A.B. asks: 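Submitted below is the structure of interest, expressed as C-alpha cells.
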Amino acid sequence: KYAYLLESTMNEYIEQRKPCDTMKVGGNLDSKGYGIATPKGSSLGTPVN
Amino acid sequence: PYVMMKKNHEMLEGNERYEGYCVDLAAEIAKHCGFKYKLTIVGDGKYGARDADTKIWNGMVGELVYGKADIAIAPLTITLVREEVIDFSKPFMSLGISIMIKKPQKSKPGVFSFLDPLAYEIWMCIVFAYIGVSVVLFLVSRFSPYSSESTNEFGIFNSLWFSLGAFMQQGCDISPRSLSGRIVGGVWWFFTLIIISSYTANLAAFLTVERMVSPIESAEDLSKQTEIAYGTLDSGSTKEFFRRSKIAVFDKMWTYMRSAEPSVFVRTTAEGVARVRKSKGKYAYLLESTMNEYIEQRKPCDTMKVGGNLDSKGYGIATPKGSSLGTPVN
Amino acid sequence: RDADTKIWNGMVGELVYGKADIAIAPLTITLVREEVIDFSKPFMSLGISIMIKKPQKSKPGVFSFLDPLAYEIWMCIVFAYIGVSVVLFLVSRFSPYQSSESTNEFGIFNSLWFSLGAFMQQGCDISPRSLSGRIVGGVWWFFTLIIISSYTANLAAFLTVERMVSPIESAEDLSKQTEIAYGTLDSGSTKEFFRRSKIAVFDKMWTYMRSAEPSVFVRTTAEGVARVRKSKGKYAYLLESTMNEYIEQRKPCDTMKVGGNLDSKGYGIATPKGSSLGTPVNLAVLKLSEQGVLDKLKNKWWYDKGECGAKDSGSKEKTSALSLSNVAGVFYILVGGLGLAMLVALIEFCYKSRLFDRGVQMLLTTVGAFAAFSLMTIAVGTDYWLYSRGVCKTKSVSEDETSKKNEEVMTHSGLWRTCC
Amino acid sequence: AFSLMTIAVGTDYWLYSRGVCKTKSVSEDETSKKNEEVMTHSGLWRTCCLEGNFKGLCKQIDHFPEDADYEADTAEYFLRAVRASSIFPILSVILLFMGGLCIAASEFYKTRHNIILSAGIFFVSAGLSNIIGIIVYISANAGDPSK
Amino acid sequence: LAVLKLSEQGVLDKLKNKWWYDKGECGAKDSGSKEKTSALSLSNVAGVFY
Amino acid sequence: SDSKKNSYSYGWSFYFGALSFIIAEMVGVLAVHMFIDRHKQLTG
Ligand SMILES: NS(=O)(=O)c1cc2c(cc1Cl)N[C@H]([C@H]1C[C@H]3C=C[C@@H]1C3)NS2(=O)=O
Ligand SMILES: NS(=O)(=O)c1cc2c(cc1Cl)N[C@H]([C@H]1C[C@H]3C=C[C@@H]1C3)NS2(=O)=O
Ligand SMILES: N[C@@H](CCC(=O)O)C(=O)O
C-alpha cells in the first residue's frame with residue numbers, strides 16, 4: 001500500500017538484494033547523470049573527460 | 001524530427017522556414033545566452049567522419065573543425081574521436097544503437113479458423129468417406145435379410161445418422177447387429193478415432209502457438225544469420241562504432257558489413273528506412289533509437305524495434321575546440 | 001621427395017632451396033617433412049573422415065497412425081481385447097441356479113462388440129447389467145480411458161515428424177556392409193593410412209578397397225565429391241575433415257560428415273632450418289590459439305562464409321495442418337474395410353440361399369487343449385524368446401577385463417538361459 | 001456418372017500448378033528458366049502450359065521423376081506405381097460401365113431378378129474405387145515442394 | 001621425431017584406444033533423448049494392464 | 001541410440017507363447033458352450 005519515489009540506480013540495487021521483495025515500475029520521470037568532478041583549471045579535466 | 005522544412009517554406013524566409021526539435025532547442029539556448037543565429041544545412045548531408053588515407057573530416061563535424069560554422073544544434077553523437085577535435089556540451093538526449101526491421105504483417109485468424117488443423121483436401125475426403133460408409137452400411141443391412149428387411153433398423157437415412165453419430169463422438173440408439181454390419185461399423189469407429197484425435201491434437205498445437213513474433217530477438221541473432229542484410233548510415237557515428245569495437249559480437253557484424261555486396265551502407269536515414277520497407281524483411285537497419293522511435297510511431301507503421309539498445313550514447317551541442325561560447329552552452 | 005633424384009618439390013622445396021621463408025599453408029606435419037624443415041605447433045587439427053550424401057527427410061509411413069505406441073503395446077492391447085471379451089462372455093453365461101439362460105444378450109459375438117465399442121469410445125447398445133459382468137465392463141473402461149488418452153496425447157506430432165536416417169554412424173558400421181561403397185583418393189596420405197593399418201577394422205576396409213570393381217578410388221578430391229553426389233547415397237568417400245566440413249557448407253548442401261576422425265594429424269606453419277623466424281612463429285601460433293583467434297578464423301571461413309546456412313535454417317520450427325498424405329493409411333484401411341464388408345455379405349448370402357456337431361467340437365477341444373499345452377511347454381522350455389546383443393562364451397563369465405566380449409555379439413536369450 | 005468419370009479421366013485440367021513447361025521439359029539450352037515457374041494445368045497424364053507464349057504444348061508426366069536424390073523406398077514406389085498406371089480411376093470407369101451393362105440388361109432379360117442387385121454392387125464399388133483414386137492422386141502430389 | 005613417428009604408426013592412437021576404452025565399467029548411454037518424439041513404451045503403461 | 005543399438009527382435013518361442021494364448025482362449029470359449037449345451041440336454 002506504499003510506493004516510494006527514488007533514483008533509479010538505487011532502486012535497481014534494492015531490487016537485487018534479499019528479501020527480493022521490491023520492484024521498479026515505470027520509466028524514469030526525469031533524466032539526470034552522475035559525472036566525475038574535477039576542480040576548475042585542473043590539467044586532469046581533459047583526460048578525465 | 002530534429003530539423004524539418006516547414007510546410008510554408010515558400011511563404012516564409014530566414015530562420016522561419018525551418019522547424020523541429022533542434023529549432024526549438026536553438027531558440028531556447030539563444031534566449032538564455034543572448035546571441036542571434038542563422039540556421040543552415042550541411043552541404044553533403046553527412047554527420048561527420050574522417051576520410052581514410054586523406055585524414056579530412058566531412059560533414060557537420062567537418063564544418064566545425066574547419067571554421068565554417070559556429071555551433072551545431074544537431075543530433076550529433078558524443079564519441080571519442082569527435083571529442084578530440086571539437087568540444088561537446090552536456091548531453092541533451094540519451095539514446096543507443098538499435099535495430100529496425102519490417103513488421104511481419106500478421107495473418108488474422110479468419111472466421112473459419114477452426115478448420116485450420118486439417119487441410120482443405122482432407123475435409124473433402126472425410127465427407128467422401130462419410131458418404132461412402134453410410135451407403136455400404138445400407139447395402140449390407142438391407143440385403144435380402146431372410147419379414148426380411150423389417151428386422152434391421154438401418155435404412156439409408158438411419159445409416160447416414162449412425163455414421164454421423166460415430167464421427168461427432170455422440171453415439172446413437174441403433175447399432176449394427178449383422179457380422180458384415182459390425183465390420184463396416186467397426187472400421188468407421190477406427191477411422192473416427194484417428195481423425196478426430198488428430199484434429200484435437202493439432203488444434204492444441206494451433207491454439208498454443210505464440211507466433212513468429214521476431215526472427216531477430218537481439219544483436220547476436222543478426223550475427224548468426226546471413227539471410228538478412230544489415231547496414232548503417234555511411235559517414236555517421238554508428239558506422240564508426242562497429243569499426244572500433246572489440247566486442248566479439250560487434251566484430252562479427254563489422255566483418256559482414258565490410259565485405260558483403262551490394263553495399264549495405266546507406267547515404268541518409270530516409271534511404272535506409274526505405275530499404276527496410278522494400279526488401280520484404282531481408283534488410284535490418286541499425287540506427288539510433290530516438291530516430292527509431294519516431295519512425296515506428298508514424299504511418300505506414302511497418303517498422304519494428306527489436307532488441308535492446310546495443311549501447312548507450314548521447315547527442316550533444318558542439319562548438320569548435322576552444323570556442324568563445326563553449327562554457328555558456330554547457 | 002622424388003624417389004631417385006632426391007630433390008624436394010612443392011612448398012617444402014621452396015623452403016629448403018631458399019626461395020621462400022615461411023609456408024603459411026595447409027601443409028601436413030609429417031615425419032619426413034620435419035627432418036628437413038622445422039614445423040610450428042599445429043594451428044589446426046584434422047583427420048580422416050567419412051563423407052556420405054545427405055539423406056532426404058524420412059517421410060512418415062503409410063501406417064504412421066500407430067507410431068505413438070510401440071508395437072509392444074499394440075500386441076498387448078489385442079491380447080487384452082480378446083481377454084476381456086472371453087471373460088465377459090464366461091461371466092454372463094452360466095446356468096443360473098426355461099428363460100433364465102437367455103437373459104443376458106452377451107454371447108461370444110456380442111461380447112467382442114461390447115469390448116470393441118468401449119475401446120473405440122463409441123457407446124454400445126447393450127450393457128452388462130449384472131454384478132460380475134459390470135466389473136469386467138468397469139475395468140475395461142478404465143483401461144481404455146488411460147490408453148486412449150495416452151495414445152491421442154500427441155498424435156499430430158507423430159504424423160508430422162521427419163528424422164534424418166544415417167545409413168552409417170561410424171567406421172565400424174561401414175565395415176559390416178557392402179551395399180554402400182567406400183572410397184579414398186588414388187594418390188594420397190589417406191590411402192597410405194590403410195596400407196599401414198594393424199587395426200582389424202581398417203585392415204578389413206583395405207582388403208575391400210583393393211579388391212573392388214569398379215574402382216572405389218578417385219583421381220581427385222573434386223571427382224570424389226562428385227561420385228558421392230552422383231551415386232545417390234550408395235557411395236561414401238574418405239577424406240580429411242577440414243575439406244569435409246567445407247564441402248558440407250557449400251551448395252547444393254547435399255553432403256554430410258559422419259563419424260569421428262579415424263586418425264589425428266595437424267597443419268603447421270613451416271620454416272627452414274635455422275631461420276630466426278622459427279621461434280617467434282612458434283610463439284605467435286600459441287598467442288593466437290589462447291586468444292581464440294584461430295577458433296575465430298576457423299568459425300569465420302568454414303561456417304560464417306558458408307553458402308549453406310544450415311544453423312539458422314534448421315533452427316526455425318513450424319506447426320502445420322495435417323495433409324492427406326499424412327493420414328492416407330487410415331483411408332486405405334477404411335476402403336479396405338468396406339470392400340471386406342461387402343465380400344462377407346456376399347458369401348453369407350450365397351451360403352444361405354444354397355453341419356455343426358457336439359461330437360466334432362468335443363474333438364476340437366481335446367486337440368486344442370493339447371495344442372495349447374504343446375505350444376506353451378515348448379515356449380517355456382526352449383530358449384528363443386529374444387534376439388538381442390548379449391554376453392557370449394568369449395568372456396561369458398567376467399574372467400578377465402579389457403576383452404569386451406568381442407565388443408558384443410548377437411545372442412538369442414530365453415526365459416532362463418542366454419545362448420549366443 | 002459414367003460420363004463424368006470418362007470426361008474426368010480423359011481431360012487434363014486436374015491441377016493448376018507452377019509446372020515445368022514444354023521449354024524446360026528437356027533441359028535444351030542454358031537459362032531457359034521455365035519462364036519463372038509458369039502456371040500449368042497438369043492432369044492425370046498430361047501436364048500442359050496455359051496463358052503463355054508456349055501454351056498448347058503437352059508432354060507425359062514423369063511419374064517416376066528422374067535420377068534424383070532418393071533411396072527409393074518401397075512405400076513411395078508402390079504409391080508412384082499406382083498413380084502412374086492410374087489403376088484406381090480406370091477400375092472406376094470399368095466398374096461404372098459394368099453397372100451400365102446390368103442396367104441395360106435389366107428390362108431386357110428380366111425375371112433374372114439379381115441383375116438389379118448386382119448393378120447396385122457395381123455402382124457402390126465404382127464409388128469406392130473413385131475415392132481411393134482421389135486419395136492416391138492427392139498423396140502423389142507431394143513432389144511439388146511447398147516449402 | 002619420436003612423437004611424430006609414434007603418431008604415424010598409430011602407436012599414440014593404439015595406446016589411447018587401449019587405456020581410455022578398455023575399462024567399460026558402465027555403459028553410461030548418455031545420449032538419452034536425441035530424438036524428441038519417443039514412442040510410448042510398455043513399461044510406462046504396464047500398470048494399467050496389471 | 002534411440003532404440004537402435006540393441007535392436008531387440010522376438011523369436012519363434014515368443015510367438016508360440018502368443019499362439020498358446022489365442023488357442024487357450026478359443027478352447028475356453030468352446031468349453032463354456034458345452035456347459036451351456038449340457039444344460040440344454042439336462043433340462044430340455
Ligand atoms: N578449433 S581448431 O581445431 O581449429 C584448433 C586446433 C588447435 C588449436 C586451436 C584451435 Cl582453435 N591449438 C593447438 C595448440 C595448443 C598447443 C598444442 C598444439 C598447439 C600448441 N593446436 S591444435 O590442436 O591444432
Ligand atoms: N587421437 S589422439 O588424440 O590419441 C592423437 C592426437 C594427436 C596425434 C595422434 C593421436 Cl593418436 N598426433 C598429432 C601430431 C602429428 C602431427 C600433427 C600434429 C602433431 C604433429 N598430435 S594430436 O593431434 O594431438
Ligand atoms: N547520431 C548519429 C546519426 C548517424 C548514424 O546513426 O550513423 C551521428 O550523428 O553520427
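Below, read A as the first sequence line, B as the second, and so on, with proteins coming before strands; counting in each chain starts at 1. This entry, so its header tells us, was determined using electron microscopy, 3.6 Å. First listed ligand is number 1; within each ligand, the first listed atom is number 1. The displayed model is a subset of the deposited entry, and contacts were enumerated within the subset. The figures here come from the full heavy-atom set of this structure, side chains too, leaving out hydrogens, waters and symmetry mates.
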A.B. asks: Quick one: what's the drug at ligand 1 called?
C.D. replies: cyclothiazide
A.B. asks: Identify the macromolecule bound to cyclothiazide (ligand 1) in this structure with the most contacts, using its name in UniProt.
C.D. replies: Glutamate receptor 2
A.B. asks: So, around cyclothiazide (ligand 1), which other chains have a heavy atom under 4.0 Å away?
C.D. replies: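 The heavy-atom check gives C.
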A.B. asks: Any UniProt transmembrane segments of chain C (N-terminal one = 1) with a heavy atom under 4.0 Å from cyclothiazide (ligand 1), and if so which?
C.D. replies: none
